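Heads up, the thing below is written out as structure tokens.
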Amino acid sequence: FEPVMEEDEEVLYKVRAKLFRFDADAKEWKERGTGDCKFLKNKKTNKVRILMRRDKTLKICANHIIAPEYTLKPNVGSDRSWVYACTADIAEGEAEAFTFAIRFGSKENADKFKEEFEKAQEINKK
Amino acid sequence: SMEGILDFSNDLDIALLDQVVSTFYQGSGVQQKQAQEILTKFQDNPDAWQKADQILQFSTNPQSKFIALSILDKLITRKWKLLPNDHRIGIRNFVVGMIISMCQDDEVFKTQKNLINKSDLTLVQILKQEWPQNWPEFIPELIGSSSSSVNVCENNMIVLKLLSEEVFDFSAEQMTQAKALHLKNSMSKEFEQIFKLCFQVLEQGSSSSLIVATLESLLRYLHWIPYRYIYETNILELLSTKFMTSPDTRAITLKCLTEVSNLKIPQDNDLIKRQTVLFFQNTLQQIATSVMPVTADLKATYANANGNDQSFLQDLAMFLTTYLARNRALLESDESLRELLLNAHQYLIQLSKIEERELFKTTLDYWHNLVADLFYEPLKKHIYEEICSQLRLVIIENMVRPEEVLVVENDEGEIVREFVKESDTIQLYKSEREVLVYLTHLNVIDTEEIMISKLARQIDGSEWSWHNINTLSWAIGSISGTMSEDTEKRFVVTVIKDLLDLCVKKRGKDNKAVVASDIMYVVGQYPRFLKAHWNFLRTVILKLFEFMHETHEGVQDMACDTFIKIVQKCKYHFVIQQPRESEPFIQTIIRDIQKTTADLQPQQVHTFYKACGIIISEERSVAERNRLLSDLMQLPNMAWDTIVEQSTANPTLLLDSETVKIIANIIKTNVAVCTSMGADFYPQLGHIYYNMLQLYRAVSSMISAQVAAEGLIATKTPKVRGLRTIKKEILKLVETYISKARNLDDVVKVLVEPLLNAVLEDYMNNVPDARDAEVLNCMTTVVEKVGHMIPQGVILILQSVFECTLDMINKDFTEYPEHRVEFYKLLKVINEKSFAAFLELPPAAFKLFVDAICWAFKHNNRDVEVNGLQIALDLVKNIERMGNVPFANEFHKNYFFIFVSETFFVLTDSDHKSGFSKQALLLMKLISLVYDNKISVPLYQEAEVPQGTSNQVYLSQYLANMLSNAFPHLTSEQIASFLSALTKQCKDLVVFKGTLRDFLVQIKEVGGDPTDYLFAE
Amino acid sequence: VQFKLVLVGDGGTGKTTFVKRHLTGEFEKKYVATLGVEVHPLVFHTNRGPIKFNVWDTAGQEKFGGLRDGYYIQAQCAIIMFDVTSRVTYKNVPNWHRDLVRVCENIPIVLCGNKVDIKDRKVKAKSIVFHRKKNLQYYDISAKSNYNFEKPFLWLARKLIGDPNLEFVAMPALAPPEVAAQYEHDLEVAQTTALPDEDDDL
Ligand SMILES: Nc1nc2c(ncn2[C@@H]2O[C@H](COP(=O)(O)OP(=O)(O)NP(=O)(O)O)[C@@H](O)[C@H]2O)c(=O)[nH]1
Ligand SMILES: NC(=O)[C@@H](Cn1cnc(-c2cc(C(F)(F)F)cc(C(F)(F)F)c2)n1)c1cncnc1
Ligand SMILES: [Cl-]
Ligand SMILES: [Mg+2]
């Protein structure tokens, strides 16, 4: 009787966040996306990356390796944010360079992010 | 190269025009943005209308012709009576000729209806300007040309449709009262001819294109035509039978019948009633046989969204609700109409199951109308018994989440706390509650049986689901107050027991969070039951305390709201000593407050202290209340006492961001308790006040010191923001208490003195970016409550905050938005409670005050705009109250015409239409002062007008001259007629506003008729 | 596949801020009045493939109107915007809708009440009924909080593609690449420029 992108990657850390990009020609921060920021480790290359998507639209507002060259600096106005320079982000097509800032719901999450961020950099050295 | 068309000296190259036009609509990027700018410059050229006939005849692009007609539309609407008569007939001719040409070519008529509709609309603009006085045969000729062709007849229905819209639906705010009445009567006089043409078409017509256009025009006529055209003809039969069968005409016909339905008919005539019954009976018959039977699954049809099904189901709902809300009583007495009445409602039951919020709201509005009538009207509800029973299921099964339920399922299957409040479902929940409460009163046994059985099929798992247990719990909670206490008792008991079984049976962090939130909502919704069952109320509160330790933040946060929600209603049972209890329960709550609130977030702890404050205020034994208060505040006061010892002994602990956070939370706890205790909080305020104001000073010095050492940027740092929070919470605590204080002598003698010493000079001497707008807010409450007792204190407030704040907000309308709003609230309360403070201002500062009021007029921000216009009105009244004294005399000489002209400027600049009413009211008051001779001195200088000329004469000359220069395109007669009408009506606000609106119309065009201002006669 | 969407409404209602949020993710606080119109391509990824909206973000100010209704030609969809803190903007919805459907006789249209994030709401929910007889979809939205900000485009995409089960989907994420004295200047300015809205929950 007859009847009728990320799957190759592991998530090491996940936290809700708001991401900013610095417009130098205007000397102001411009929000880029709010959603879940993930640290994704490729099981074929072992290279960890940040991948962030906006809520509802699920559009990519961050996609880049957590390079060992990077370094998280504080922002003058916040105890729950980190600023750092990114040389190759492909969230909007070709690899552009950006000065990013990312903010979190609490200082507790910001410090945990920094701990996981530095862990990923060590992974990306091997 | 695209800018060539902008040189009008050289001739217009249409080939280049069409390229710029194509580059704008079909192009992209920079080439599109450049053509867009060129096309705007071309259109806005005041000679561009002279290229109209040239473009329309020779252009190979319909968009180029559309833009050519937009240039003509703007010309006809704003400058028609400035042209010589030659161009007025010439423009009329090639507009009529263009319409005729496009209708005779079947291919053009088919493929360029946008360009034809724009041409029709352009023709209608000419009619508004010259019909019928200079074109009396337009309608007779239109009727005649309609027999010559089908395309011409169809297009004539479009012209008549647009004409009816422009005269009746959109004439207000676009033409003067006089001209609107002219075109309404003109069109009304010649309508009987239009109806014949429209009715002949509908009867013998077969061209669906022409039929739809005729029905589309008919829809507009039904807004204003006499009832007799509708009922004294055969047209209701045509609409309700013939045009409902064909889907091409069904949609517009159903909209036509919705407008007929909405009419209030003569309730004495039996034939109008018979006809109203008949077109409904016919319409529902065509639905049942030609579209779908009453059993059809309209939920599934809508979800499928085939063709126009969703639009037809919307129009059907709009038709059934409109007619039945107006005429269902016509169907309720006749036994032979009973089936029709119920079938119509059964379609509504099926429409109410569609998943479409906005459509559900439309039907839910009708159900509320119905059940509210069955609640009062004798002998009606038994008719709808079966309908109401089905409706109880629909409402219960589509209950939206109440504001109190803070848990929700995400896109992962997890139960979590909500990110934001579902603000767009608050109103919908109230509406569902309202209907379901009515349905419960109409048959309480049936509603209980539906809810109990549904809950029984949740236990055994027959229908278990998160969605199903939720809507059910929300429905049970929402009908609180409809049952008898005894029925409610037995009812609630059974609900709790069955819900307590589920939380056991359904394990998992997600399940436990769902059921926990549902029990909280139900229990919190039945205060009456909790009051009568102390032992259960006690168990509930203790279980809420347990949830304050839940790691699930949703449950935890909801336990805190539920607690204060129960307390707001049952507070009295916490303050008395219940039987079998060694002490009032408030004493047990306070004793364990540290353990209970240990795992709570700080703002949740504050809600807890506020809830305790609600209870303590129920005790009217002053000694006992003050005892409870100090017990509640024991922790924040012990933390406070230690901070003061350390800060006053070494002003460098406030550097520690951890200490700043502790201080802020202490102040916030006092704000929370003060909010709910109000006047009873004073003993606790006195314990901290003098030290608290010293902390305000110390914190202030730190902020200033860090701004000076790090720059203005320091105000953005967490340190400084933490220090300013302390200052703002202190201000909020003093504002909160003074706003509820009952002993105002203590406010004056004790509080106000050191308060003003601590805040005012600090505000004045700080840099702008360091000033707290909360200072202004606190001072507003002080002036509101005790300003009449501190005349010298109010003066001190003005000196400190007036000029320096004005300088912050008088360079644009954007910067310092909080200071801007609170500033004008402060001036408002001072002006109405301590006007004397303004009399004491030096002449130069009183001039800044007047400048400050007119500054508020020019804001678009409604918050400061309405206060600006209110201060002006109140200032006018405060002055005339003084009578014939020097200060009042000099006020008028200096500032009367300033207020008249500034009020006029914002009336006429088209950027402040939101405040028209108050602008008009202010202007009417000013004019009425002169025409009642309440200005005692002449408003003019001795040598600018004969000796003894009245202020009335000089006012009319000042305004005539003002408007003449402000609006030079007005004739002297328009201005004179307008002012004559305006001044004659300065005691009639409705008419006065009408005369102003007529003016705002005429200044937008040339050649306005000056007699239009005689309309009010 | 791409569709022309015209966006209309009174000046100040948040049209350009709304579009810009969907383009870059940024929230513009300043109010620069649009001059005439601005065209912005806007792509969404769905289970029915990608869909492109060419958003014609028109001016609301009369004095900046430009071609006015000439912008509406050949539009296939539209959004009518107002401000729930400004009653006049809702009062003018019938005027905007009038000028829109005289050019675009049969197109899916969304009515949007923007700025629901402001607590002193003036156009109450009960008062908003213009969309019923005109077959418009309605949504409370906020470009500031992103409340329902994707609903207008999701609904239009379902009406235009003809699929009521159309859903937004996650665009696939390609592996990023692995990659000098100015980035020390640009970073020092970035750290000393405070982030906006430090009092928000995020
Ligand atoms: N609080 C709040 N403000 C908003 C919101 N959306 C826009 N605004 C603000 O409203 C102001 C005007 O925004 P704008 O997008 O330029 O409006 P517009 O409709 O494009 N005006 P125009 O027709 O002249 O171009 C801006 O300051 C913006 O920050 C919102 O959702 N919430
Ligand atoms: N029995 C269980 O497994 C569950 C069932 N459950 C979930 N919530 C409740 C629950 C909730 C309340 C409330 F008023 F706070 F909402 C009151 C009671 C009471 F008065 F009946 F005790 C029980 N009971 C449970 C979970 N956590 C604490 N106690 C019980
Ligand atoms: Cl924001
Ligand atoms: Mg704009």
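Labels below follow one simple rule: chain letters A, B, ... track the order of the sequence lines, proteins then strands, and each chain is numbered from 1. Just follow the structure's listing: the first ligand is 1, and inside any ligand the first atom is 1.
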Greatest-contact chain for ligand 2, named in the PDB entry: Exportin-1
Drug present at ligand 2: KPT-8602 (bound form)
Heavy-atom contacts of KPT-8602 (bound form) under 4.0 Å: other chains: B
Identity and distance of the protein heavy atom lying nearest atom 16 (F) of KPT-8602 (bound form): B:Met520 CG, 3.2 Å
Residue, atom name and distance, where the atom is the protein heavy atom closest to atom 15 (F) of KPT-8602 (bound form): B:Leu544 CD2, 3.1 Å
Closest protein heavy atom (residue, atom, distance) for atom 14 (F) of KPT-8602 (bound form): B:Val540 CG1, 3.3 Å
Protein contact of atom 9 (C) of KPT-8602 (bound form) - nearest heavy atom, named by residue and atom, plus distance: B:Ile519 CD1, 3.7 Å
Distance filter under 4.0 Å to B:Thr539 heavy atoms, resulting KPT-8602 (bound form) atoms: 20 (F), 22 (F)
Identity and separation of the nearest protein heavy atom to atom 1 (N) of KPT-8602 (bound form): B:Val504 CG2, 3.5 Å
Ligand-residue contact atoms, KPT-8602 (bound form) with B:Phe536, heavy atoms, under 4.0 Å: 20 (F), 21 (F)
Atoms of KPT-8602 (bound form) close to B:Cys503 [distance to a heavy atom under 4.0 angstrom, numbered from 1]: 1 (N), 2 (C), 3 (O), 4 (C), 5 (C), 6 (N), 7 (C), 24 (N)
Residue portion contacting KPT-8602 (bound form) (non-hydrogen atoms closer than 4.0 Å) for B:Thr562: neither
Taking atom 27 (N) of KPT-8602 (bound form) as the reference point, the nearest protein heavy atom with its distance: B:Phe547 CE2, 3.6 Å
KPT-8602 (bound form) contacted by B:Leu500 (non-hydrogen, < 4.0 Å): yes
Polar atom proximity, B:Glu546 to KPT-8602 (bound form) (N or O, under 3.5 Å): no
Subset of KPT-8602 (bound form) atoms that lie under 4.0 Å from at least one heavy atom of B:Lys512: 2 (C), 3 (O)
Residue and atom name of the nearest protein heavy atom (relative to atom 10 (C) of KPT-8602 (bound form)), distance in Å to one decimal: B:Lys543 CG, 3.9 Å
Residues near KPT-8602 (bound form), heavy-atom distance under 4.0 Å: B:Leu500, B:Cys503, B:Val504, B:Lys512, B:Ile519, B:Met520, B:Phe536, B:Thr539, B:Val540, B:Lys543, B:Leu544, B:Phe547
Distances under 3.5 Å, N/O of KPT-8602 (bound form) against N/O of the protein: list each pair and its distance.
{"residue": "KPT-8602 (bound form)", "atom": "3 (O)", "partner": "B:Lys512", "partner atom": "NZ", "Å": "2.9"}
{"residue": "KPT-8602 (bound form)", "atom": "29 (N)", "partner": "B:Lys543", "partner atom": "NZ", "Å": "3.2"}

